[PDB]
K.L.:
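Got a PDB entry here containing 3BNC117. Few questions.
A, B, ... follow the sequence lines: proteins, then strands. Residue 1 opens every chain. Scope of the values below: all heavy atoms of this structure, side chains included, with no hydrogens, waters or symmetry mates. Partial entry shown, contacts counted within.
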Amino acid sequence: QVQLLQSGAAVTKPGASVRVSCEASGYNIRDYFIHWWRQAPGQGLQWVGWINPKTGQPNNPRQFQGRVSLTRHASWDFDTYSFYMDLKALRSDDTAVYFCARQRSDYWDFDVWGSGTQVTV
Amino acid sequence: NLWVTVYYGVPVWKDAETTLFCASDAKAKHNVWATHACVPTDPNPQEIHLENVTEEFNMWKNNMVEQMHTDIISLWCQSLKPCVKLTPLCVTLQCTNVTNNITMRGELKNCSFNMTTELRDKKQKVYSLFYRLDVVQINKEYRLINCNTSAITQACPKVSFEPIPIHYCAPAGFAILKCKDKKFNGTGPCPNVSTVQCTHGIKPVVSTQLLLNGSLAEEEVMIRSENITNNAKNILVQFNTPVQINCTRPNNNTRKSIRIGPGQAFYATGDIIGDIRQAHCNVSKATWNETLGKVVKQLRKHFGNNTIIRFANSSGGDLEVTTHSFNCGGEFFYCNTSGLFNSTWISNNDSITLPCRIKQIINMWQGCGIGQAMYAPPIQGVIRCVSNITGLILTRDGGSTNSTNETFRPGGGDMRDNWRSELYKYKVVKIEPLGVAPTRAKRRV
Amino acid sequence: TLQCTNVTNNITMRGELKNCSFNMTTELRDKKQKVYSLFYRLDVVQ
Amino acid sequence: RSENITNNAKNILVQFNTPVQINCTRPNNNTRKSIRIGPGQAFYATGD
Amino acid sequence: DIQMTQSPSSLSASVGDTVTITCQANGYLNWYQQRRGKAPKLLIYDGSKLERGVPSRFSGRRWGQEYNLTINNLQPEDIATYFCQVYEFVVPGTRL
Amino acid sequence: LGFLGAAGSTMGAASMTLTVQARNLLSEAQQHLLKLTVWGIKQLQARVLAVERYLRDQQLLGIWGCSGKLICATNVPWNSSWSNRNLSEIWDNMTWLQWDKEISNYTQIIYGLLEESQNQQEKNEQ
Amino acid sequence: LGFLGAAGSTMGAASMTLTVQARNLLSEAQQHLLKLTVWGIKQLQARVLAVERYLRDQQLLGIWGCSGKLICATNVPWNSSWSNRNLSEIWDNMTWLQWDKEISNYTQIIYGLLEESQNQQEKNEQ
Amino acid sequence: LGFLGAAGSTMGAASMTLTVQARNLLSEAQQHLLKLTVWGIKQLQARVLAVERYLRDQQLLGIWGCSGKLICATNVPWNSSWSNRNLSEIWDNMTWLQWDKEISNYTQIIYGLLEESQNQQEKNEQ
Ligand SMILES: *[C@@H]1O[C@H](CO)[C@@H](O[C@@H]2O[C@H](CO)[C@@H](O[C@@H]3O[C@H](CO[C@H]4O[C@H](CO)[C@@H](O)[C@H](O)[C@@H]4O)[C@@H](O)[C@H](O[C@H]4O[C@H](CO)[C@@H](O)[C@H](O)[C@@H]4O[C@H]4O[C@H](CO)[C@@H](O)[C@H](O)[C@@H]4O)[C@@H]3O)[C@H](O)[C@H]2NC(C)=O)[C@H](O)[C@H]1NC(C)=O
Ligand SMILES: *[C@@H]1O[C@H](CO)[C@@H](O[C@@H]2O[C@H](CO)[C@@H](O[C@@H]3O[C@H](CO[C@H]4O[C@H](CO)[C@@H](O)[C@H](O)[C@@H]4O)[C@@H](O)[C@H](O[C@H]4O[C@H](CO)[C@@H](O)[C@H](O)[C@@H]4O)[C@@H]3O)[C@H](O)[C@H]2NC(C)=O)[C@H](O)[C@H]1NC(C)=O
Ligand SMILES: *[C@@H]1O[C@H](CO)[C@@H](O[C@@H]2O[C@H](CO)[C@@H](O[C@@H]3O[C@H](CO[C@H]4O[C@H](CO)[C@@H](O)[C@H](O)[C@@H]4O)[C@@H](O)[C@H](O)[C@@H]3O)[C@H](O)[C@H]2NC(C)=O)[C@H](O)[C@H]1NC(C)=O
Ligand SMILES: *[C@@H]1O[C@H](CO)[C@@H](O[C@@H]2O[C@H](CO)[C@@H](O)[C@H](O)[C@H]2NC(C)=O)[C@H](O)[C@H]1NC(C)=O
Ligand SMILES: *[C@@H]1O[C@H](CO)[C@@H](O[C@@H]2O[C@H](CO)[C@@H](O)[C@H](O)[C@H]2NC(C)=O)[C@H](O)[C@H]1NC(C)=O
Ligand SMILES: *[C@@H]1O[C@H](CO)[C@@H](O[C@@H]2O[C@H](CO)[C@@H](O)[C@H](O)[C@H]2NC(C)=O)[C@H](O)[C@H]1NC(C)=O
Ligand SMILES: *[C@@H]1O[C@H](CO)[C@@H](O[C@@H]2O[C@H](CO)[C@@H](O)[C@H](O)[C@H]2NC(C)=O)[C@H](O)[C@H]1NC(C)=O
Ligand SMILES: *[C@@H]1O[C@H](CO)[C@@H](O[C@@H]2O[C@H](CO)[C@@H](O)[C@H](O)[C@H]2NC(C)=O)[C@H](O)[C@H]1NC(C)=O
Ligand SMILES: *[C@@H]1O[C@H](CO)[C@@H](O[C@@H]2O[C@H](CO)[C@@H](O)[C@H](O)[C@H]2NC(C)=O)[C@H](O)[C@H]1NC(C)=O
Ligand SMILES: *[C@@H]1O[C@H](CO)[C@@H](O)[C@H](O)[C@H]1NC(C)=O
Ligand SMILES: *[C@@H]1O[C@H](CO)[C@@H](O)[C@H](O)[C@H]1NC(C)=O
Ligand SMILES: *[C@@H]1O[C@H](CO)[C@@H](O)[C@H](O)[C@H]1NC(C)=O
Ligand SMILES: *[C@@H]1O[C@H](CO)[C@@H](O)[C@H](O)[C@H]1NC(C)=O
Ligand SMILES: *[C@@H]1O[C@H](CO)[C@@H](O)[C@H](O)[C@H]1NC(C)=O
Ligand SMILES: *[C@@H]1O[C@H](CO)[C@@H](O)[C@H](O)[C@H]1NC(C)=O
Ligand SMILES: *[C@@H]1O[C@H](CO)[C@@H](O)[C@H](O)[C@H]1NC(C)=O
Ligand SMILES: *[C@@H]1O[C@H](CO)[C@@H](O)[C@H](O)[C@H]1NC(C)=O
Ligand SMILES: *[C@@H]1O[C@H](CO)[C@@H](O)[C@H](O)[C@H]1NC(C)=O
Ligand SMILES: *[C@@H]1O[C@H](CO)[C@@H](O)[C@H](O)[C@H]1NC(C)=O
Ligand SMILES: *[C@@H]1O[C@H](CO)[C@@H](O)[C@H](O)[C@H]1NC(C)=O
Ligand SMILES: *[C@@H]1O[C@H](CO)[C@@H](O)[C@H](O)[C@H]1NC(C)=O
Ligand SMILES: *[C@@H]1O[C@H](CO)[C@@H](O)[C@H](O)[C@H]1NC(C)=O
Ligand SMILES: *[C@@H]1O[C@H](CO)[C@@H](O)[C@H](O)[C@H]1NC(C)=O
Ligand SMILES: *[C@@H]1O[C@H](CO)[C@@H](O)[C@H](O)[C@H]1NC(C)=O
Ligand SMILES: *[C@@H]1O[C@H](CO)[C@@H](O)[C@H](O)[C@H]1NC(C)=O
Ligand SMILES: *[C@@H]1O[C@H](CO)[C@@H](O)[C@H](O)[C@H]1NC(C)=O
Ligand SMILES: *[C@@H]1O[C@H](CO)[C@@H](O)[C@H](O)[C@H]1NC(C)=O
Ligand SMILES: *[C@@H]1O[C@H](CO)[C@@H](O)[C@H](O)[C@H]1NC(C)=O
Ligand SMILES: *[C@@H]1O[C@H](CO)[C@@H](O)[C@H](O)[C@H]1NC(C)=O
């Protein structure tokens, strides 16, 4: 039942803005953080940041400040959410696939992931 | 030969979780925290010092903060029930501007609407002043802020919002151990522990970024956190010297009464007698650099000696967690703190004016269980508060592993961290008075 | 008051479900919406 | 089991020793739509 | 500070043996299995604790600052990429 | 000294002050008539639990035959397998806190031997 | 055996296991804050009634002089008008269930003679 | 006679009837489910307070060594500074009501000497 829906792929130009969605349905969303991961073709994973679903406060590394803006949206009955990820100005080396993890406990257990959204520039 | 003897009343305790009760002070009227059913405290507290004992305390797992978090919600949400609910306030409004000379032009709105009369066959055309944060545009022709997810009830006018100190006293058979060790972080043993009947004055102050009216340290600035390595944990800072902050709302507001039903009144906002000004807060710039200069000295103990510690403003979220929010004089403030946390610390009479905003429709504690919000009535007159800044709530940015650069941004939202800074030195135990020991005595037959 | 029509076209049960439309209150209490819903025959009377 | 077999106004209670399986269903695939009838109050109607 | 090392860069052992990959790191450490173009899947967390849904042929243990992942009774559907994961630091894992 | 003041003192010194730890085991409005459930039932449930926890300890003293006494001498021989320590190093070197950790592994065997000794003794003299 | 396990055994055998019947006489949410009255007061009233029913029995043992003892020997002579049965047929043939039905007609006279014997005895020695 | 019937009698006559004052220290609807708070909590709080007030008196008798006895002889000498009256004019002329007013100035000194005598006596014989 615990699933994280993933949005479709998108092709843009260098300088545009993208948006990747993530919908959590079958668990208690407000008690578990939602992280974002990105891996380039040929390399390993790379951390993008987390967002508190209760408050909305994001976190991002120094190499991503000013570009990525993590935003969540809750429904009226608070059973499903919509986690977004908007990039301000995509570079040429941003052609990668983005995931939607879920922190379970303090050991950072990402048990459930997303299907993945690959974007190119 | 040795024989076992039974001793009753031995000083042996064990860790347990019980339901502590409240204890208020002497009454020399009403408030949202029910400080009238609490038992009166003793005029002098009995603090028995315990020698030759090294009790192990444990922050971030105490049940006293988990119980106080439930007791505040069970009192904030149980006082909005009996008095008036503003369910006919979701009619369509006709809002015009107030300020003529544009520059903020657009903060206040002069909205007029059709309200129900006490005779439910006629209607009156009344007007009121609303802030920009309480109105949205439908497609002029505004409405209230949500009117779709919450049932707006009025905050009750007779009760007060003043946080008065309360105590948490243990029942019979239980004891509270207070750690008096100065160089003591959250988790660790405490070789200087005494017992109390109950704690000191804990004021239930609601704030997000700056801990107002709290308990100070003794010698140096203490930095407490569950784990410094985990960046998802909010770093709690406690000051040793107070930083005075002067917040005000210079708009001289008037309160008019509108009868919306039989025996039900709605306190609107009439004209503003005087100048249209903006609420703000002031801190001493010489004291703020002196206070922030001590936190950067204590932060370098958990990190490198020659690292660059930066301070940036908030990254986002709702208005509660990105701005310093409090309850000065009954009105809710939301202060922009981009002037405080704007520095960069390389290793080796003027005041800072913080622009704030006023909100009247407040949703707290996840809608009080179902959907309920709160509408604070306007306070007549000029409001001015003088409080202390006795700590911050920071959040380190992750991913930084080279260049020796760590940036700290203010956070909050989780109201439990406001009471972690007060109930960190206490722990409830359970007395086990039964004990056996060998003795050379015998039962006389 | 409702405005209920039938659902099943081919009569034989024809008359178990009712397609009723009515005026419901909007969240702004000065306008009204015309919504519709399905009700059973045991929940409606003429 | 019964309170009195002679009194016909008492309901006779029977208890089986083997179970009789019953399969009940509602094959109508219904949809649920939400109708906001007030501030923070929803009414779950029946769509198509 | 977090320090990472990944010495088994590449190995192509056969089926039926017992292979082990190690990585030295301080703090909590989770193990993930990632296929080609698919989402990673958590196998074990906290070094040795097993996740529900993972078959019992996976096991791990720690001693100081050395975490091991024991792979016994290899399968034709158990050839993927494995990496150990500290909070925000993920090293590029190795393929079988 | 006071309540729990002899927690760090030795077992020989803390046994003389048992009376200070045994005594502390027993001690216009209709608009918010539902608000008195908080600290009206939480306080009431804390008083009932203190009585039931006190009556369970007084019942075990009545079963062992030590009802009304704080220092009770029993008729059970002390087994050497529980603690092979001298009498001089128990009441003069150890305290009551760390003594509980040494007997908690065997604290249920001693509680059964004290019960088995009183009903045996009550059976002879009747 | 267990709780009430000697109900069918004789009175001589059930008196050796009195300790198993005397020990068992003492043992996100604000939307439905009124719903906790059910099983929050019904459970609380059941705990207070168990304490008051236990203190009434311990008070009668204190009046008769049998405080803290399960088998208490009194100083009242057994009248032959209550039951003219031998001692061998009471503890070896009868059980505690049917013995209560034979003395319940006279169970208030014996409760008065035990009270009248202790206050008389306390008056002599003082 | 009855409850508090010997309040006007002398202290020698009221001490023989102490059992009558010690026994009396322990004795379609969902529309108004909130109405049972009145006389459902007020009556419940009156029953818990009667138990705690009874256990405080039985605890002081256990500390002094007079558990289960109504007339207890202690081992503390009577100081002549408290009341310089003969024994014949106390039990035959005075009653218990006006006797309390003469000792209430010194009623806390006697309560401390009885506590200091039992723990001293328990220390010798162990
Ligand atoms: C950290 O801690 C500090 C101090 O510990 C705290 O600061 C204080 O804030 C409170 C709340 O705003 C201040 O209290 C008030 O004072 C004002 C002004 O008062 C003085 O002047 C009056 C009149 O001359 C004197 O009598 C008095 O002794 C003072 O000298 C009062 O106006 C306030 O009163 C009203 O509001 C209450 C509700 O909050 C009502 O219950 C009360 O009855 C008063 O209402 C009445 O008067 C109105 C006047 O127009 C009238 O319209 C109403 O109908 C009604 O009749 C209140 O007493 C206090 O002074 C501050 N302390 C200092 C040193 O400045 C911080 O707030 C705290 N930090 C946080 C975050 O909470
Ligand atoms: C934490 O600290 C940072 C940096 O100190 C603050 O950042 C700035 O945030 C403000 C508020 O959003 C930004 O201001 C505005 O920019 C929006 C987007 O920008 C274009 O214009 C700006 C210059 O204003 C350029 O820098 C930028 O590259 C874009 O070309 C505008 O849409 C906004 O317009 C609004 O104002 C006009 C009136 O001027 C109205 O008519 C509009 O309707 C609209 O309301 C506005 O101009 C600013 O650009 C940010 N700077 C940087 C460097 O990022 C954070 O705000 C602060 N956070 C908190 C919580 O205090
Ligand atoms: C919290 O406070 C912050 C500052 O205290 C706020 O940040 C600011 O956002 C406002 C917009 O709302 C900016 O205002 C304008 O500035 C631009 C650019 O000014 C630049 O260039 C001219 C000419 O060289 C120079 O004179 C100016 O000083 C500027 O350097 C103007 O074009 C606009 O007309 C307007 O004046 C602030 O500049 C900006 N401050 C900083 C330090 O970046 C922040 O928005 C506040 N938070 C919230 C939620 O509102
Ligand atoms: C209740 O009404 C508000 C007012 O429009 C809705 O809020 C906004 O949602 C839209 C759609 O995503 C955004 O474009 C606006 O910017 C939002 N406004 C604000 C102030 O954030 C809200 O979504 C409605 N509630 C529900 C459950 O739909
Ligand atoms: C209060 O209600 C009255 C009607 O009872 C509103 O008046 C009418 O508004 C419509 C809107 O276009 C006009 O066409 C009519 O000419 C108005 N009639 C009168 C007599 O004024 C009135 O607008 C309502 N008030 C508000 C603030 O909306
Ligand atoms: C808000 O708008 C109302 C009009 O709806 C203003 O009320 C008028 O005030 C002026 C000046 O005092 C009077 O001359 C008019 O007779 C008033 N009209 C009514 C219908 O009351 C009100 O002053 C405005 N408020 C502000 C702060 O500008
Ligand atoms: C802010 O901090 C100052 C100093 O820590 C507080 O001032 C003291 O008040 C207490 C009791 O009112 C006195 O015992 C101290 O002697 C005072 N200190 C000095 C230096 O005078 C002040 O009360 C704090 N403000 C608030 C609102 O708590
Ligand atoms: C909802 O209310 C509207 C009026 O506000 C109803 O509309 C009218 O119904 C009467 C009934 O005979 C007609 O004469 C009018 O011509 C109708 N006016 C319009 C503009 O349609 C409407 O019928 C109500 N809805 C239901 C389901 O009864
Ligand atoms: C119940 O009646 C409503 C009309 O009031 C039907 O709604 C229409 O459905 C058709 C077919 O999908 C659309 O072409 C129309 O545009 C709809 N009209 C409106 C006003 O919504 C509805 O389909 C009926 N339900 C059933 C089960 O027959
Ligand atoms: C009020 O002021 C704002 C900003 O100055 C403007 O956008 C709006 O159109 C004004 N409304 C009216 C009615 O003048
Ligand atoms: C901080 O807490 C840790 C927890 O293990 C403890 O070991 C340490 O002594 C404490 N103090 C300092 C200064 O690190
Ligand atoms: C314990 O703390 C008190 C007050 O802080 C201090 O007076 C005392 O010297 C301390 N004792 C030790 C052993 O640190
Ligand atoms: C606010 O306005 C009222 C109304 O005239 C006035 O009495 C009061 O003095 C004003 N407030 C101040 C601080 O001057
Ligand atoms: C705050 O106000 C008080 C008096 O109201 C004053 O003594 C103090 O200097 C002020 N502080 C600042 C930082 O303005
Ligand atoms: C803070 O003020 C002091 C005043 O001496 C100054 O030395 C220091 O550089 C200031 N800090 C920053 C970050 O500007
Ligand atoms: C933040 O600090 C920089 C560096 O001194 C300064 O230029 C800028 O004006 C500051 N911003 C605010 C809002 O104080
Ligand atoms: C619906 O069907 C019933 C029975 O077939 C019939 O009596 C009724 O008139 C029908 N109503 C409509 C609106 O066709
Ligand atoms: C009922 O209808 C929904 C809407 O298309 C569909 O997803 C679902 O599979 C249907 N139920 C069954 C049992 O086919
Ligand atoms: C881990 O495996 C390596 C070989 O792959 C072995 O040398 C080492 O001893 C193992 N460590 C542990 C703790 O099992
Ligand atoms: C912080 O977490 C690490 C594991 O990631 C653990 O070794 C350490 O003990 C933790 N620190 C505290 C104070 O719990
Ligand atoms: C603590 O120990 C010292 C020496 O071991 C002793 O003199 C002192 O009395 C002890 N403290 C207490 C309260 O007994
Ligand atoms: C002491 O305990 C041991 C182990 O349970 C047992 O064998 C021995 O008989 C006990 N001693 C006595 C005197 O019963
Ligand atoms: C008794 O058991 C406890 C918990 O199982 C253990 O901590 C303790 O060491 C044991 N006692 C001995 C003497 O080993
Ligand atoms: C029941 O009675 C039989 C014979 O009278 C006896 O042997 C048996 O022990 C009794 N049962 C119990 C539980 O005492
Ligand atoms: C036994 O009871 C009878 C009847 O009440 C009475 O007459 C007789 O005196 C009693 N026996 C003794 C010894 O008192
Ligand atoms: C005592 O009275 C009860 C009830 O009145 C009766 O059942 C019983 O038989 C009587 N006892 C005798 C010995 O008759
Ligand atoms: C009252 O006093 C008189 C004489 O002093 C005495 O005879 C009588 O018995 C007393 N009343 C009671 C109830 O003792
Ligand atoms: C009687 O009390 C006086 C005054 O307190 C005291 O001096 C005297 O020693 C006491 N008598 C005895 C025997 O202790
Ligand atoms: C004892 O004190 C009380 C109240 O202070 C007073 O009424 C009484 O007379 C005093 N006793 C003596 C003997 O003076």
K.L.:
Which ligands or chains in the shown structure match 3BNC117?
P.N.:
chains A and E
K.L.:
Could you peek at this structure and say which chain has the most contacts with 3BNC117 (chains A and E)? A name from the PDB entry would do.
P.N.:
Envelope glycoprotein gp120
K.L.:
Using a heavy-atom cut-off of 4.5 Å, enumerate the other chains touching 3BNC117 (chains A and E).
P.N.:
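Other chains with a heavy atom that close: B, D.
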K.L.:
I need the epitope of 3BNC117 (chains A and E) on chain B for a figure; heavy-atom cut-off 4.5 Å. What are the residues?
P.N.:
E226(B), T229(B), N230(B), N231(B), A232(B), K233(B), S315(B), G316(B), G317(B), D318(B), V321(B), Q366(B), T395(B), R396(B), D397(B), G398(B), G399(B), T401(B), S403(B), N405(B), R409(B), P410(B), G411(B), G412(B), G413(B)
K.L.:
Which antibody residues of 3BNC117 (chains A and E) lie within a heavy-atom distance of 4.5 Å from chain B?
P.N.:
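Counting heavy atoms, the paratope consists of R30(A), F33(A), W47(A), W50(A), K54(A), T55(A), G56(A), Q57(A), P58(A), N59(A), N60(A), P61(A), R62(A), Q65(A), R72(A), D106(A), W108(A), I2(E), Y87(E), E88(E), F89(E).
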K.L.:
Specify the organism recorded in the entry for chain B.
P.N.:
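Going by the PDB entry, Human immunodeficiency virus 1.
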K.L.:
Does the entry give chain A a name, and if so, what?
P.N.:
3BNC117 heavy chain
